[PDB]
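Structure containing WIN 51711.
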Amino acid sequence: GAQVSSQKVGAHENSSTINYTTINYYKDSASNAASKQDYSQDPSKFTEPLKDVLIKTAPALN
Amino acid sequence: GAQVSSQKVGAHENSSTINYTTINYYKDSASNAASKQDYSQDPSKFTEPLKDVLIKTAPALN
Amino acid sequence: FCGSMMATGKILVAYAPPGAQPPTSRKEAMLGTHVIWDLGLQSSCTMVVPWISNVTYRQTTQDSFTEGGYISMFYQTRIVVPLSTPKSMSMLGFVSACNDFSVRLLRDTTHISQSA
Amino acid sequence: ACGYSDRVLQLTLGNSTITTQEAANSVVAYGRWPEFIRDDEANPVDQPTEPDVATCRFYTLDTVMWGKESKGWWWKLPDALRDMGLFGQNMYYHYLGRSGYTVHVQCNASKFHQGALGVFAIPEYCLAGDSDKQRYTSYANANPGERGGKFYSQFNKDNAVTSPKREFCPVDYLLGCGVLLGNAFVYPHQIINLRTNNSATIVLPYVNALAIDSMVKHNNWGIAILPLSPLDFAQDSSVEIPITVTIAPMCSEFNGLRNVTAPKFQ
Amino acid sequence: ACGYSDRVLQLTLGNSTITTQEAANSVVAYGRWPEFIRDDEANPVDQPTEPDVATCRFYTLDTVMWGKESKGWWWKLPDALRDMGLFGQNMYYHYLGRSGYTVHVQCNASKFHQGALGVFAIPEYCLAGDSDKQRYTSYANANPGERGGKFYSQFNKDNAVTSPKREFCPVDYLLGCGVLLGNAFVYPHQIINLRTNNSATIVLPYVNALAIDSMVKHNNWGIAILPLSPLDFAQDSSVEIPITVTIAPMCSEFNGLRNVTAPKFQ
Amino acid sequence: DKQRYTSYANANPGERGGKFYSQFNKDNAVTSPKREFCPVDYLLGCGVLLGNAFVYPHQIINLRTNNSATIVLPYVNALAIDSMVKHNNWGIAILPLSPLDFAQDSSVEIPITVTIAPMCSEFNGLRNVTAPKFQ
Amino acid sequence: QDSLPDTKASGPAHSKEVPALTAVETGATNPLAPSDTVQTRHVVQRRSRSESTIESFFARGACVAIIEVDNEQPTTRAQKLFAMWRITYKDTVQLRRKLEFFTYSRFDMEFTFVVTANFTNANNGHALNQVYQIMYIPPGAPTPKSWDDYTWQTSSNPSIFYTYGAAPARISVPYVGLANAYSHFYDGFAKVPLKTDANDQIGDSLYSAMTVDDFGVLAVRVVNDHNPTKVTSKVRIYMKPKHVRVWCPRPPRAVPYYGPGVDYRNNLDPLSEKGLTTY
Amino acid sequence: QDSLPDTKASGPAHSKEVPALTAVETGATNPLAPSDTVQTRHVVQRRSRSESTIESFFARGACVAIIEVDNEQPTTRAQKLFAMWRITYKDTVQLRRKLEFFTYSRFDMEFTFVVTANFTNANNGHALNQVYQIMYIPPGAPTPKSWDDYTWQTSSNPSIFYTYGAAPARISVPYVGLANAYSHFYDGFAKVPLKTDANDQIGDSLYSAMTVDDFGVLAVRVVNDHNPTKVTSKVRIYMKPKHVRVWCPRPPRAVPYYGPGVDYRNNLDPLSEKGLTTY
Amino acid sequence: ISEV
Amino acid sequence: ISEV
Ligand SMILES: Cc1cc(CCCCCCCOc2ccc(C3=NCCO3)cc2)on1
Ligand SMILES: Cc1cc(CCCCCCCOc2ccc(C3=NCCO3)cc2)on1
Ligand SMILES: *C(=O)CCCCCCCCCCCCC
Ligand SMILES: *C(=O)CCCCCCCCCCCCC
């Protein structure tokens with residue numbers, strides 16, 4: 001049941017893709033550490049909540 | 001001899017099916033932790049111990 | 001209904017979801033969830049209290065934020081008996097959970113204790 | 001199969017259930033179940049309101065007592081329900097409203113009691129009045145609401161020409177309207193004969209010369225309950241048993257929304 | 001088809017037949033019919049005795065009277081049957097015995113009588129005692145035989161420390177054992193509500209932590225009958241009707257034959 | 001000085017709404033307390049700065065640009081449904097980001113009219129009517 | 001998938017089927033759902049009974065005993081240099097009541113030991129870290145008379161040597177009953193009085209008691225020789241049933257426990273006062 | 001790949017497209033890049049928002065409480081032989097403000113316990129190592145009146161037995177809210193005053209408070225019997241949200257917190273003095 | 001291994 | 001195993 005993923009390597013030693021391994025030991029998912037591989041989204045629901053979203057090169061008001 | 005099962009995930013991180021791993025270390029099953037994957041049954045032997053079990057839309061007494 | 005077989009009567013039993021004035025009159029109780037029970041050969045009547053709540057789970061303790069509402073009972077007509085019959089009788093009540101019922105967060109009960 | 005019967009019924013509408021272990025089958029008036037206004041019979045063009053479970057449910061009216069001198073009781077619909085929860089509100093906020101009804105009359109007694117109630121559903125139940133004055137019964141008096149009205153064994157003419165009561169004077173054997181009661185059976189009806197049944201159940205369609213009308217101005221159906229055979233028990237000269245009327249609006253729809261109608265009932 | 005009913009039953013075991021025209025269906029405890037010990041659950045190696053028709057038949061116990069002050073009656077099994085014909089003999093000549101039971105409780109009255117009996121089948125019905133002394137109820141007092149015992153409305157502590165009665169003190173609303181009676185319905189049961197039924201019928205499996213045990217040392221089932229609603233009739237303050245308990249052993253088998261056990265019941 | 005003490009009647013002005021204030025006047029009368037809100041404008045009436053209220057759904061009525069503002073609100077809650085009598089889901093706050101002015105008349109006054117429509121309204125738990133005490 | 005049943009969309013009814021009416025005299029509970037008596041919508045149900053499974057209900061370490069043992073200079077009057085506890089879930093009330101919702105049970109048992117100590121007297125110097133011995137003595141085995149006699153050699157009895165300060169000691173035990181399931185209730189006796197008996201003491205037993213020693217005892221001692229100053233210690237025993245199975249439900253204990261049997265003495269008034277027509 | 005967008009090479013413009021002009025009255029923020037108003041080169045962007053992800057922003061154990069508990073001789077006046085804490089992120093300000101950037105939240109919660117102790121008085125001899133019990137008591141469960149009464153038997157409540165000197169205790173908790181998300185803000189009441197009410201106390205509630213006990217309490221005690229000399233201890237509780245999700249952003253708290261609600265009292269002047277045309 |  |  002081991003889980004294997006690539007690390008995003010910052011400073012590289014003078015030695016390519018490096019991995020790490022994770023194994024959940026407990027039944028309850030609450031017991032689990034954080035995966036920290038978190039996806040992102042559009043600010044649009046906050047930055048542009050408009051019914052008619054307009055293109056930036058055209059007049060905001062028309 | 002490792003045992004691998006899915007966890008019923010409650011609160012999900014912003015990252016699908018997650019597993020956990022179990023290995024018994026001892027010969028005596030008494031030494032074992034609880035699997036907690038427990039099946040359920042009908043209350044009927046307690047709620048309806050009748051020789052002639054009747055359908056709820058029909059008269060209980062007839 | 002544990003009365004004599006010669007006894008008749010119609011009863012209204014009701015459930016009012018929380019938030020308003022607790023019913024003092026059949027007139028008010030009629031307006032909520034209710035069953036009009038007619039006494040007869042089928043001795044017993046069942047009123048189901050449907051899960052109607054705001055929160056997904058209520059507390060087992062008393063709390064206005066997770067309150068369940070009000071149950072009440074009234075005479076729809078009245079108990080009518082013939083002569084040479086008892087004019088007064090007992091009613092017994094029973095409660096149980098419908099199959100959609102569940103509980104969570106295990107805890108120790110206030111219903112048992114022990115002194116030093 | 002299994003054990004089913006004409007005598008044992010369950011009615012469920014909205015959050016309300018009625019049971020009866022002693023019914024005499026049930027009646028659908030004129031063989032027509034209640035229905036909504038069809039697109040090809042429609043007349044107000046505006047989108048209707050259909051409140052459904054909040055108005056189409058069982059409202060129980062104030063209980064009346066049946067005794068040896070009881071001559072009969074009457075109600076008008078929708079008037080009996082004008083103050084019943086959200087049905088009443090919908091009725092008064094709109095110019096137009098149509099509704100069908102399940103009427104359930106309740107009267108139990110005992111194997112040793114005696115008596116028979118004629119329960120009648122009358123389309124356009126126009127009633128006769130007080131006076132020398134024709135068509136003079138006032139709106140407030142024509143509409144008693146939940147309380148209903150009563151019948152009388154004979155015609156007592158309201159004599160006080162100076163301050164007239166402007167009331168109905170419904171005489172029992174004349175069905176309160178100039179005809180003979182014996183013929184009221186051509187109307188949708190049931191009989192509560194106490195040796196036979198606890199209750200009466202009549203399902204009423206919307207009946208009118210129009211697809212929809214003003215519920216505040218006009219009653220569609222009249223409910224008349226008369227003792228076809230008088231109440232009696234053992235030898236006790238002063239017997240008294242309750243009669244409870246429970247009514248449910250059915251397929252209710254409303255048109256013409258605006259500010260609320262507040263009728264003057266004084 | 002034909003005309004059959006939940007209310008009309010015939011039970012036949014051995015040379016004995018019970019009829020009832022007013023039953024409330026019948027109960028099989030825990031959904032398990034009585035059965036014999038299987039080869040793969042067997043523990044005593046010696047060939048069992050199965051007397052069949054001579055022991056598995058209906059023994060009727062002494063009738064008790066139900067009156068307005070009656071608080072409840074109880075019996076233990078196999079103890080109630082220890083002196084019943086060849087069942088009793090088989091029970092006492094053997095070290096081991098197992099048996100299931102059909103219990104039939106009988107109480108008829110009239111359409112004008114009133115009252116309700118809670119009939120309960122309890123596995124391991126341990127009862128509470130007399131004293132400050134714990135677990136002190138004597139064998140002779142714990143086992144009344146056919147005669148059974150009774151409940152009380154309250155706890156009267158046996159005070160005489162010098163010569164103690166060593167009896168149970170079963171309080172009714174506590175089911176005689178420290179719990180509330182309202183919850184005794186989690187046990188296999190039936191109710192004799194006199195407007196509904198004459199009798200109660202419960203079929204009991206052999207219930208134990210072992211496939212077989214000593215019937216003389218240990219009771220498997222307790223029968224508790226309590227008036228859930230008190231007896232009443234017309235206006236007569238001193239009404240009294242009979243309650244008759246008839247019990248049949250079922251699938252009875254016995255192991256460990258030797259000389260007869262003669263318990264001291266004095 | 002009393003925390004979480006605003007009374008139901010005062011928390012709920014109905015159609016009439018409430019107002020903001022330029023500063024915090026503490027209700028001093030400990031014997032008969034008003035149990036009212038004291039909404040300070042630059043703090044959005046709630047302990048934060050008004051300049052940041054733009055992270056909320058909003059529009060601006062700048063009079064040289066527009067007559068009106070139109071915001072469509074979804075039902076927002078930690079539950080699919082709740083008690084409307086006990087709990088408000090949304091608050092509408094209107095503040096003058098730039099003060100009204102006209103020609104040189106020091107006492108100018110123009111109307112603000114709020115028109116609101118409920119949308120996709122559904123109701124559960126029918127019974128007798130709730131009559132809150134608003135006095 | 002362990003979720004409860006979805007609620008079905010249910011409409012109006014005008015029929016000869018009457019689910020609201022029934023007869024509880026039969027012994028059965030009416031199988032009704034809200035859709036049988038009220039108009040219901042469709043709900044897709046996600047709730048689950050996961051936490052009320054028999055295992056989950058008992059999956060918690062309960063305090064069943066407090067054993068006190070001293071380490072001090074062996075004098076000649078009664079002392080606690082070693083102690084013995086009869087293994088039982090009954091010196092405590094909480095777990096006892098949970099187990100008593102059922103007549104019979106079968107399970108493996110986990111024992112966890114929390115050991116605490118302190119100085120008794122203001123000061124005679126101090127003490128070095130103590131090692132505790134917890135010896136199981138099954139019925140039949142020799143019981144110690146002295147804190148350091150031959151029985152403590154423990155050649156065949158199981159023993160734990162606990163070092164103070166280490167994580168709490170933990171062991172597991174099999175289902176060790178003489179029957180096919182543990183009897184939480186025994187309506188009967190271990191002896192029968194016979195008419196032919198000499199005294200009538202011979203056939204006298206305790207009602208509802210089975211074997212005299214049930215599961216034997218735990219003998220606790222401090223293995224260290226005594227310091228000048230006295231150290232008192234307490235061993236708290238936590239018991240957890242695991243791999244649990246139960247049979248025949250019972251009403252919960254409603255009044256206070258009065259010893260090992262179903263006996264009650266007082267506070268037989270569990271219920272409060274409440275007016276019939278008072279919400 | 002989680003890097004931000006590359007900057008595009010952008011040249012001179014002479015056009016009817018005017019990205020620099022807009023109207024903030026609309027409610028929207030102008031989506032502009034440097035290439036829309038200035039000549040830009042091509043940059044291959046390697047920077048990333050990895051550390052500002054909701055999880056990464058809260059992935060840190062915050063101090064939410066300091067529980068003080070004593071172990072000394074049980075006298076008869078008010079003492080700290082056991083203590084109780086209402087579970088909340090609100091006795092502390094730091095994590096509270098981070099959580100309050102959002103209206104609603106959903107997460108699992110990690111509790112870490114750092115336990116420290118010291119001697120109170122100059123000297124009455126010393127103490128042996130202490131074991132601490134941390135019992136969770138969910139709303140409804142019996143609360144202790146005494147440091148060693150029956151509630152501490154903890155048969156169904158979860159409890160930690162911490163040994164002093166061991167690494168800090170750590171447990172995880174599920175999303176335990178009654179709603180589908182935790183409400184960091186509740187504009188409303190738990191009770192409504194009705195015209196038909198007897199007193200007008202009956203319908204009075206605290207504004208913005210929901211359930212009376214919210215998540216229950218933690219009861220802390222020293223399991224050891226008391227030494228001659230007194231030992232005082234403090235349990236510091238560290239709280240970390242994990243597997244976090246959040247809804248509806250809010251302005252951060254700009255003035256000092258005044259209790260559990262949005263109430264302010266003073267220091268309502270967050271901003272400094274700076275001249276309009278002063279850099 | 002055993003994957004369930 | 002599960003390689004992502
Ligand atoms: C009655 C009843 C009793 C029970 C629980 C039975 C549990 C029986 C366990 C018997 C053995 O217990 C032991 C406890 C501790 C040790 C031990 N060995 C080394 C030190 O601790 C060994 C056995 O359920 N119903
Ligand atoms: C308001 C609000 C509150 C929150 C945080 C909620 C966290 C709720 C956790 C409830 C349970 O907390 C426990 C803490 C400790 C223990 C514990 N068990 C053994 C000893 O410690 C158990 C539960 O977010 N919003
Ligand atoms: C999938 O996990 C199969 C491979 C397991 C490799 C050995 C893992 C050793 C750690 C097991 C931990 C068990 C914890 C309960
Ligand atoms: C099945 O278990 C084969 C795979 C084992 C993987 C390595 C396990 C490491 C732990 C072994 C524990 C031994 C305990 C006695």
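Naming: A, B, ... by sequence-line order, numbering from 1 per chain. We show just part of the entry here, counting contacts only within that part. Header entry for method reads X-ray crystallography, 2.9 Å. Heavy atoms only: backbone and side chains are in, while hydrogens, waters and symmetry mates are out. Atoms within a ligand are numbered from 1 in the order they appear, just like the ligands themselves.
Within the model, the positions assigned to WIN 51711, copies included, correspond to ligands 1 and 2. Counting heavy-atom pairs under 4.5 Å, the chain with the most contacts to WIN 51711 (ligand 1) is listed in the PDB entry as poliovirus type 3 (subunit VP1). With heavy atoms closer than 4.0 Å, the chains neighbouring WIN 51711 (ligand 1) read G.
Near WIN 51711 (ligand 1) (under 4.0 Å), the structure shows no other ligands or ions.
With a non-hydrogen cut-off of 4.0 Å, the residues around WIN 51711 (ligand 1) amount to G:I87, G:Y89, G:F107, G:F111, G:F113, G:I134, G:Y136, G:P158, G:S159, G:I160, G:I171, G:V173, G:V176, G:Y182, G:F215, G:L218.
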